[PDB]
Chemist: 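As an example, take this structure containing 3BNC117.
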Amino acid sequence: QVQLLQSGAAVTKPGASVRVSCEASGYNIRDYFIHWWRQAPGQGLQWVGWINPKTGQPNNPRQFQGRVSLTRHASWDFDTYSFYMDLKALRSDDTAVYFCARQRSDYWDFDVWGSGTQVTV
Amino acid sequence: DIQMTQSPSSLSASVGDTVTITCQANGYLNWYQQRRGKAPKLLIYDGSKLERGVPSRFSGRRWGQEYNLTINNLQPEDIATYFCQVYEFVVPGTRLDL
Amino acid sequence: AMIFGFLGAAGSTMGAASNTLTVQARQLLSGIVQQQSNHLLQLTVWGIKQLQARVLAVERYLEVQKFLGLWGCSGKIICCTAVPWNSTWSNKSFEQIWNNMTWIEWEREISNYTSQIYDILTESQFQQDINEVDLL
Amino acid sequence: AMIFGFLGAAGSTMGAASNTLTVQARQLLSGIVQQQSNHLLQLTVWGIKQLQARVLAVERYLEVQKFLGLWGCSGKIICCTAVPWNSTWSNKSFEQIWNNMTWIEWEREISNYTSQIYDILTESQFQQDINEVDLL
Amino acid sequence: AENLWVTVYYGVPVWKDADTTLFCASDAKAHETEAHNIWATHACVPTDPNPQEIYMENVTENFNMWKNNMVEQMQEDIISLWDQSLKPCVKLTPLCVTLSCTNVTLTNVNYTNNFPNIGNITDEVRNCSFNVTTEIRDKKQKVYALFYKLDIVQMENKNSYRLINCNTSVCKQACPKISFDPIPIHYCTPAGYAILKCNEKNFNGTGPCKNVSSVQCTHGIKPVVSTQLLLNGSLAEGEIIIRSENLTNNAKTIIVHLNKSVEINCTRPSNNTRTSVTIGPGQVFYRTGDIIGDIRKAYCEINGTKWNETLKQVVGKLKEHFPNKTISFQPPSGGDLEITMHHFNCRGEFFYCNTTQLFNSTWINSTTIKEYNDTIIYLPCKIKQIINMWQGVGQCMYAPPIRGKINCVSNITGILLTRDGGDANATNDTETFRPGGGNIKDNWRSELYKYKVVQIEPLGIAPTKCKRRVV
Amino acid sequence: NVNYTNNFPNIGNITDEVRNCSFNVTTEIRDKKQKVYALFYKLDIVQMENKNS
Amino acid sequence: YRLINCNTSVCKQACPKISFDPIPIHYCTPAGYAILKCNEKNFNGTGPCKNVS
Ligand SMILES: *[C@@H]1O[C@H](CO)[C@@H](O[C@@H]2O[C@H](CO)[C@@H](O[C@@H]3O[C@H](CO[C@H]4O[C@H](CO[C@H]5O[C@H](CO)[C@@H](O)[C@H](O)[C@@H]5O)[C@@H](O)[C@H](O[C@H]5O[C@H](CO)[C@@H](O)[C@H](O)[C@@H]5O)[C@@H]4O)[C@@H](O)[C@H](O[C@H]4O[C@H](CO)[C@@H](O)[C@H](O)[C@@H]4O[C@H]4O[C@H](CO)[C@@H](O)[C@H](O)[C@@H]4O[C@H]4O[C@H](CO)[C@@H](O)[C@H](O)[C@@H]4O)[C@@H]3O)[C@H](O)[C@H]2NC(C)=O)[C@H](O)[C@H]1NC(C)=O
Ligand SMILES: *[C@@H]1O[C@H](CO)[C@@H](O[C@@H]2O[C@H](CO)[C@@H](O[C@@H]3O[C@H](CO[C@H]4O[C@H](CO[C@H]5O[C@H](CO)[C@@H](O)[C@H](O)[C@@H]5O)[C@@H](O)[C@H](O[C@H]5O[C@H](CO)[C@@H](O)[C@H](O)[C@@H]5O)[C@@H]4O)[C@@H](O)[C@H](O[C@H]4O[C@H](CO)[C@@H](O)[C@H](O)[C@@H]4O)[C@@H]3O)[C@H](O)[C@H]2NC(C)=O)[C@H](O)[C@H]1NC(C)=O
Ligand SMILES: *[C@@H]1O[C@H](CO)[C@@H](O[C@@H]2O[C@H](CO)[C@@H](O[C@@H]3O[C@H](CO[C@H]4O[C@H](CO[C@H]5O[C@H](CO)[C@@H](O)[C@H](O)[C@@H]5O)[C@@H](O)[C@H](O[C@H]5O[C@H](CO)[C@@H](O)[C@H](O)[C@@H]5O)[C@@H]4O)[C@@H](O)[C@H](O[C@H]4O[C@H](CO)[C@@H](O)[C@H](O)[C@@H]4O)[C@@H]3O)[C@H](O)[C@H]2NC(C)=O)[C@H](O)[C@H]1NC(C)=O
Ligand SMILES: *[C@@H]1O[C@H](CO)[C@@H](O[C@@H]2O[C@H](CO)[C@@H](O[C@@H]3O[C@H](CO[C@H]4O[C@H](CO[C@H]5O[C@H](CO)[C@@H](O)[C@H](O)[C@@H]5O)[C@@H](O)[C@H](O[C@H]5O[C@H](CO)[C@@H](O)[C@H](O)[C@@H]5O)[C@@H]4O)[C@@H](O)[C@H](O[C@H]4O[C@H](CO)[C@@H](O)[C@H](O)[C@@H]4O)[C@@H]3O)[C@H](O)[C@H]2NC(C)=O)[C@H](O)[C@H]1NC(C)=O
Ligand SMILES: *[C@@H]1O[C@H](CO)[C@@H](O[C@@H]2O[C@H](CO)[C@@H](O[C@@H]3O[C@H](CO[C@H]4O[C@H](CO)[C@@H](O)[C@H](O)[C@@H]4O)[C@@H](O)[C@H](O[C@H]4O[C@H](CO)[C@@H](O)[C@H](O)[C@@H]4O)[C@@H]3O)[C@H](O)[C@H]2NC(C)=O)[C@H](O)[C@H]1NC(C)=O
Ligand SMILES: *[C@@H]1O[C@H](CO)[C@@H](O[C@@H]2O[C@H](CO)[C@@H](O)[C@H](O)[C@H]2NC(C)=O)[C@H](O)[C@H]1NC(C)=O
Ligand SMILES: *[C@@H]1O[C@H](CO)[C@@H](O[C@@H]2O[C@H](CO)[C@@H](O)[C@H](O)[C@H]2NC(C)=O)[C@H](O)[C@H]1NC(C)=O
Ligand SMILES: *[C@@H]1O[C@H](CO)[C@@H](O[C@@H]2O[C@H](CO)[C@@H](O)[C@H](O)[C@H]2NC(C)=O)[C@H](O)[C@H]1NC(C)=O
Ligand SMILES: *[C@@H]1O[C@H](CO)[C@@H](O)[C@H](O)[C@H]1NC(C)=O
Ligand SMILES: *[C@@H]1O[C@H](CO)[C@@H](O)[C@H](O)[C@H]1NC(C)=O
Ligand SMILES: *[C@@H]1O[C@H](CO)[C@@H](O)[C@H](O)[C@H]1NC(C)=O
Ligand SMILES: *[C@@H]1O[C@H](CO)[C@@H](O)[C@H](O)[C@H]1NC(C)=O
Ligand SMILES: *[C@@H]1O[C@H](CO)[C@@H](O)[C@H](O)[C@H]1NC(C)=O
Ligand SMILES: *[C@@H]1O[C@H](CO)[C@@H](O)[C@H](O)[C@H]1NC(C)=O
Ligand SMILES: *[C@@H]1O[C@H](CO)[C@@H](O)[C@H](O)[C@H]1NC(C)=O
Ligand SMILES: *[C@@H]1O[C@H](CO)[C@@H](O)[C@H](O)[C@H]1NC(C)=O
Ligand SMILES: *[C@@H]1O[C@H](CO)[C@@H](O)[C@H](O)[C@H]1NC(C)=O
Ligand SMILES: *[C@@H]1O[C@H](CO)[C@@H](O)[C@H](O)[C@H]1NC(C)=O
């Protein structure tokens, strides 16, 4: 099977930092991009960025420049990966649920999604 | 440069009916349904292809700058919010109720 | 009129391309792959890619030669047969083929009936040998 | 009369088996061994076996084609020769061969003289070419 | 008519798309040097002295890179050659021991020896001492070596370090006689196959090519490896070409191909000494014993004016695909050291150059022409010895130090960029491109974008009026 | 655990079929030793001498 | 003391079943090639051999 295990919810203070973790175990992680989505309460999804698991190269919009830092940690044999997301400066606007998604093909098909992590300030 | 818009904001289709939701998109389009505070799941990708696992009830089709998501034989468990998704642009979606 | 190179007449019609058949036929088995190749030297990364290139170049030659033998056309550039043309494979006239079509365009038009034609050609040559044994 | 598969007429007499020669001849070089084969992938346990299978198929095909060239029978299914039959290899009449024997039984009967007959066929073809050079 | 019969033509000019095994061919002049080059080894057959390139006139062929199997094949060969050349070399298992490192101390004056004042290698290397095994197993010796800070990671008990690779994989030491010089490789086809070549000057990756020609071997392709800028390549014929699988999809890398070469001049001013110890029976380890004489950080020189122009024409082509938006270049946002820094090779020394001055600018409207005088851009570079270039796929390698000073002059032929997405802010008339991206395959799509392997079908069936004469 | 046989069969339990063994191995650094433990089936381990070794 | 090879290379112990007895070898060519033999009794290394077989 394929699963993207998330971490538990987090409560922080304005100006602090958060560390959301997503874990992929049941496939070839290196061959598929991992995107991060932000869903504020009562609103639609937002795109945070993708990280190339092979090289760790991230890509974020202008909105999340200098704040979001996407990093990944790989097991010794690449069986399992850990994907991290860090927010440097937090405001009230950053309260949302953060998903890690697995793009499947050039259509940007997100067949697998994480459970969700509630980040509140 | 992706232009997309979902005209129907909300609708009140009854039970057992067939309802269509239209989304315009200048590119690849995928269809997701999301329950209240849950992870969206992929129903239709590319606008016409069925995902492995979703029942044959769901289906969509394309003509020009317009896509349709059709749910025939509506069920009480098919109530959720539906997304039309392009690469990194997503619209709020539409919500179902009886 | 000038001589062409390998596949230089791919874009010309059949009537003019058929005058350069020996150019393509002359390059089907001979190449630089059969050279001396300047840690077993024939187990290296390119010691194997050359060996499988030599076997590949031979099967490609024998694949065409197998059919020439069955149809009785061995040793001929252009070989005539005793199989009438069936106006279901293509009903174009002389001017619509040899003055208006290229060999690539045509072979795609009759691509659905090549296998049927190949079997007919083989069977026809068989009847000639059968009719000759019980005639002399 | 019905078409047969590969070796479907192995148990029938010669008179009926010789009407299915193209069935066996059409499968001598072409097979699924020449596919794309779906840690050097060409050096694996079953990458080597496929390779030598490809070379085995070619040699078996060329082993027969070598004789057809020598005897002057290139491009023929049934080829008539100018070598008189010798009533020491076998003295069976027409009905005792073509209506009473299978190709397996016969080739076993004359198995002692196949090598001798092969040499004669080559020598006969050589004489025809000698007699043609100094005749034209 | 009734007079038509089936006629068999041999030698017909027809082909189909196919995939086959391409073998190598290299020039003999570069051969017979006994340098044992990694890439184009002795196994390559000599190239044809008189290559034939036949122009096929009335021919339109559909070309498609991003789906070319010549690229995937070249990837397998490049990695396979790398692994086998390192197989006979010496494993460095004994060097996974505890290192006790301290600041380096050197004796010289060498007042910078030149204009650049980037800095000195002190604070970039450490003097580490450790215990290894003599040729006799039950005897241990204490030795020392100078290691770059990038090659050692502290574990605990400050002043106690270890090599980075010791928890991922074992690393072999590149054999001294092995040469890393990339010499051209010609990819050839067996008989019965052919290579089609697109001769259009301004031709993007995909679509019909109206000027196809037939060849038997590709031109000499260098296996040069680089991350952010393509080097020592072949220039474009017509003009700058922006090639991308889908310019709308920001997950796809953009390959910029220059028509005017830009010189990059990289040197390692230091003066390292190669010393060898014995770590086991028949095993010898080459280390940097000392660095005496000149001590300065490695750097690369770029003519400032040339880069401005080469960066100015490119934004001209970008503005065509992004009409009403302003184009700006920014340094990479993160990733491994191979992604965020220009990685390349020079005489066996592996460099990692910053390249932030090259990719920090904004082109709002080009309202007025701005003029500045000539300047030289100096890019600080770092040297690494533990090398993992295949994204943890191939064999790790340790590069012994090269004696003396190092200098390399190479052309810049292209750039690999990565556009970044967005919804609202990114649509405010702005587009940021960052260097690097993709993989090492894109380093060879830029060379094999014009080729296509086909199989010949020399058998043709046609109707004619000729009937076989029955006896 | 408790797990009162979780099923009809009463063949037995793995206790008396496995052993808890401890030993010294090397960490990623060759000159550092760590003590670890593992559970081994009695079929995979043969006693040599000095009982409990 | 020490073994001589310990500072040059590692040495493998010949497997006990391996036999060192030299038995004759015939070097034969593929079809389409041939080997010429010089049958001269008093023939030095080079020069024309008039008794080829
Ligand atoms: C993009 O393309 C450009 C252009 O193609 C690339 O730039 C070019 O890159 C090549 C290769 O990287 C360079 O060639 C090398 O040049 C150096 C320097 O040459 C100078 O010095 C020579 C003497 O060397 C001695 O002094 C130097 C200090 O100056 C010292 O560092 C060195 O160790 C040695 O002690 C001079 O002879 C030479 O003058 C003339 O020499 C030739 C006549 O003899 C003449 O033909 C030349 O044209 C030149 O005019 C010059 O002043 C060379 O040292 C180096 O030589 C190595 O490689 C060649 C084959 O290319 C080989 O024949 C040599 O024997 C030598 O090979 C040694 O090193 C190999 C590893 O690199 C190893 O595999 C060999 O086995 C051998 O090592 C063995 O012997 C040594 C002792 O010799 C021993 O210590 C070892 O342990 C081992 O036993 C190359 O020729 C070009 O100069 C350069 N061009 C420019 C314009 O920059 C660029 O890199 C490309 N970029 C990318 C990203 O791809
Ligand atoms: C990067 O990725 C993106 C995303 O995938 C990709 O975008 C594609 O771009 C290409 C080319 O720009 C698009 O192909 C074109 O599609 C046009 C629209 O096709 C739809 O509409 C057709 C009918 O439209 C007519 O009627 C409407 C009103 O109803 C009118 O407004 C129109 O102007 C037009 O008159 C319809 O027939 C068509 O259905 C076909 O295609 C689907 C899917 O492929 C297939 O399932 C169907 O069975 C049927 O075959 C579709 O619904 C179309 O008009 C246009 O046609 C031109 O070319 C054809 C020859 O191919 C000519 O005959 C014709 O006269 C036109 O000149 C062309 O086909 C494609 O749709 C985009 N894909 C998506 C998902 O948006 C980029 O190309 C990628 N970039 C790179 C560099 O790769
Ligand atoms: C790429 O594609 C292009 C286009 O598809 C293709 O171009 C064709 O090339 C073929 C070559 O094989 C051309 O066919 C030849 O045409 C020759 C010229 O024909 C014209 O001129 C004739 C009179 O010219 C004489 O007098 C003038 C001075 O007035 C002098 O300069 C000349 O040298 C010559 O001495 C004229 O009679 C002829 O009329 C023919 O065509 C018309 C229309 O097609 C038709 O209606 C007539 O009934 C008559 O058939 C025409 O006006 C011609 O000389 C030449 O003839 C020789 O070859 C034929 C082959 O059978 C012999 O039968 C004949 O006896 C001669 O030996 C031949 O016919 C063809 O015209 C080109 N098409 C076009 C549109 O230009 C390229 O070849 C392709 N290239 C590749 C690499 O694929
Ligand atoms: C496995 O082994 C078995 C046994 O070894 C083998 O069986 C033999 O198969 C062959 C097929 O090749 C048989 O030979 C054929 O026999 C046909 C039937 O012949 C009999 O009937 C004839 C009259 O039948 C006509 O009328 C009836 C109605 O009355 C009607 O239903 C029929 O359809 C048909 O129209 C009769 O004339 C014939 O007499 C012949 O044989 C006797 C004895 O052998 C002989 O004395 C006669 O002088 C005469 O020759 C017989 O009684 C027959 O139709 C058929 O003929 C066609 O082919 C020949 C080929 O030369 C042509 O010349 C001819 O014009 C026809 O086109 C052919 O002769 C043979 O009889 C079988 N043997 C036995 C014992 O049954 C299997 O084939 C083997 N299988 C495999 C896979 O190996
Ligand atoms: C083989 O060995 C290498 C090197 O030891 C391992 O790579 C390191 O792995 C460790 C353990 O995961 C990583 O430690 C992490 O450090 C973070 C802070 O460092 C960041 O900033 C420095 C600044 O110089 C960067 O160099 C560095 O790369 C990091 O970006 C911590 O934040 C990490 O989490 C810890 O802290 C946070 C709070 O900050 C806590 O919430 C966490 O719970 C946790 O305590 C973490 O500690 C280290 O960064 C890695 N380095 C590199 C270069 O990758 C390999 O993983 C190892 N491989 C195997 C298979 O064992
Ligand atoms: C690196 O450290 C080593 C010590 O492990 C230095 O080697 C000694 O340096 C002292 C100081 O000059 C000498 O007296 C000794 O003879 C050296 N050898 C030994 C075995 O102690 C070495 O000089 C240092 N190198 C640098 C560049 O700082
Ligand atoms: C390289 O390509 C560029 C285009 O990308 C060429 O620049 C053009 O030059 C012509 C002729 O002077 C001008 O009319 C265009 O306006 C230029 N284009 C741009 C975008 O500035 C350049 O000339 C080419 N150089 C070479 C040597 O071929
Ligand atoms: C690359 O840069 C180096 C130094 O930056 C250049 O070396 C100089 O060459 C000139 C000769 O023209 C000497 O007078 C200088 O003394 C050299 N500098 C040093 C520091 O040694 C080298 O010429 C440059 N390469 C090219 C091709 O221009
Ligand atoms: C798609 O939806 C539109 C909504 O207006 C409708 O007009 C059209 O008929 C639908 N397509 C079908 C039913 O094929
Ligand atoms: C021509 O071929 C078709 C099948 O493609 C076949 O049905 C037809 O009988 C053939 N014509 C003749 C005259 O045999
Ligand atoms: C027939 O063959 C035998 C040997 O098999 C030979 O001795 C005899 O001469 C041959 N017959 C004739 C007429 O040559
Ligand atoms: C290549 O350029 C042509 C000409 O503008 C265009 O039609 C085609 O879509 C381009 N292909 C790609 C992949 O950009
Ligand atoms: C550089 O190092 C070498 C080797 O130790 C030494 O001989 C030389 O004097 C040093 N300085 C220069 C300028 O080469
Ligand atoms: C042109 O080059 C100079 C340095 O030579 C640099 O300061 C300037 O920024 C460049 N032009 C632009 C538009 O950046
Ligand atoms: C840019 O936008 C203006 C309107 O603001 C429009 O007139 C112009 O055509 C646009 N540019 C292009 C290339 O379409
Ligand atoms: C250089 O890059 C920084 C961010 O890395 C940016 O703020 C600045 O505008 C750029 N230009 C200059 C001249 O610093
Ligand atoms: C450029 O010219 C100005 C004169 O306005 C001068 O002050 C400056 O030093 C010059 N810089 C260079 C690099 O030539
Ligand atoms: C071999 O002997 C002949 C006869 O004396 C002589 O001419 C020739 O030079 C000799 N060759 C060599 C290599 O000694």
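Quick note on labels: first sequence line is chain A, next is B, and so on, each numbered from 1. Lab note: partial entry displayed, contacts enumerated inside displayed portion only.
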Chemist: Locate 3BNC117 in the structure and give every matching ligand or chain.
Modeler: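 At chains A and B.
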Chemist: Per the PDB entry, what is the name of the chain that shares the largest number of close contacts with 3BNC117 (chains A and B)?
Modeler: Envelope glycoprotein gp160
Chemist: In this structure, which other chains have a heavy atom at a distance under 4.5 Å from 3BNC117 (chains A and B)?
Modeler: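 Chains with a heavy atom that near 3BNC117 (chains A and B): E.
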Chemist: What is the epitope of 3BNC117 (chains A and B) on chain E (heavy atoms under 4.5 Å)?
Modeler: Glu245(E), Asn246(E), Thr248(E), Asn249(E), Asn250(E), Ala251(E), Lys252(E), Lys325(E), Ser333(E), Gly334(E), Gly335(E), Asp336(E), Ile339(E), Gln391(E), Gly392(E), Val393(E), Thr418(E), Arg419(E), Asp420(E), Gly421(E), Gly422(E), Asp423(E), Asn425(E), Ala426(E), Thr430(E), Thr432(E), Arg434(E), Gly436(E), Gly437(E), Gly438(E)
Chemist: Help me out: residues of 3BNC117 (chains A and B) with a heavy atom under 4.5 Å from chain E?
Modeler: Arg30(A), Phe33(A), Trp47(A), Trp50(A), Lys54(A), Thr55(A), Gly56(A), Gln57(A), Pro58(A), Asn59(A), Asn60(A), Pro61(A), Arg62(A), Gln63(A), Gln65(A), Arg72(A), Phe78(A), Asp106(A), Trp108(A), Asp1(B), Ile2(B), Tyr87(B), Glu88(B), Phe89(B)
Chemist: The entry lists a source organism for chain E; which one?
Modeler: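 Per the PDB entry, it is Human immunodeficiency virus 1.
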Chemist: What is the name of chain B as given in the entry?
Modeler: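 The PDB entry has it as 3BNC117 light chain.
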